[PDB]
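Structure with MLN8054 present.
What you see of chain A is 127-140, 144-273, 291-388, where the numbers are those given in the PDB entry. Both ligands and their constituent atoms are indexed starting at 1 by order of listing. Hydrogens, waters and symmetry mates play no part in the numbers below; they use all other heavy atoms, side chains included.
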Amino acid sequence: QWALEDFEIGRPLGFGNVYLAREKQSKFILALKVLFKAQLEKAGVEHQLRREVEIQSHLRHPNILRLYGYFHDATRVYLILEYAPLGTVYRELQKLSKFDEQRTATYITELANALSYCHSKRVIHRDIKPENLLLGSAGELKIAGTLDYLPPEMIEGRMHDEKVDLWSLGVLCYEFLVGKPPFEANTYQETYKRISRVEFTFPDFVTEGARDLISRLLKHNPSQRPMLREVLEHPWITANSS
Ligand SMILES: O=C(O)c1ccc(Nc2ncc3c(n2)-c2ccc(Cl)cc2C(c2c(F)cccc2F)=NC3)cc1
């Protein structure tokens, strides 16, 4: 059982705010997520958070952000999270516009690993996107509305499985190389039609090796999408990863 008295709150990092924090006894640096019990009870997704924390703190992977613990105060609910010093992949993306193939392949590899571990633990993520991707001190990737990353089977409300994260991995591979998601539009409506029709095009600079992998991942039929092992063994990933 923790308390707010154990932590020294630092700079803001972000239904509330995420702060830099230092545990007093150990001097351990962490991110402390602050959420108000008012918004959580007004949305009723406190059970969704009860289950989410049950899952997040039970998993151990170098590419999944760690949740150490949690606790609630008078009106707040606190999440003791890992701290990823180099920030979000979303900030890196807009600070560099696009990623080269070697950076893309490594992230994709680290993702495929983190997902293959999740899929072996019967967990399907559904929602990877740059703003949910964080960077550790070594620069390694870490996994912590808008339709851009959702598969056709999901937005159409059909039954879905592990192949959902394969679609997302395709969308992320495209975005890394291009700077924008393959189905981006100015409205939720247009984006919906573009995803369901699976209509995307490649800019000239995108190599055929990348085009192939993305085109394999972005199949409408979930069954035709490669397994994560095939992703990690793709010639384009092979040639460019770390
Ligand atoms: O720009 C900088 O200087 C910067 C920014 C971030 C970090 N590192 C860091 N480390 C851990 C966390 C966060 N950020 C963080 C920060 C803010 C918010 Cl709104 C959410 C989180 C999250 C998060 C989460 F809970 C769900 C989904 C995605 C998340 F990103 N998780 C803890 C370092 C430097």
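Most-contacted chain for MLN8054 in this structure, per UniProt: Aurora kinase A.
The residue-level binding site of MLN8054 (heavy-atom cut-off 4.0 Å) is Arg137, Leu139, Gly140, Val147, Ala160, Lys162, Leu194, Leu210, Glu211, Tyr212, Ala213, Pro214, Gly216, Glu260, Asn261, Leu263, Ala273. Looking at chain A, most residues touching MLN8054 fall inside the UniProt domain Protein kinase. In chain A, the UniProt-annotated active-site residue lying closest to MLN8054, with its least heavy-atom distance, is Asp256, 7 Å.
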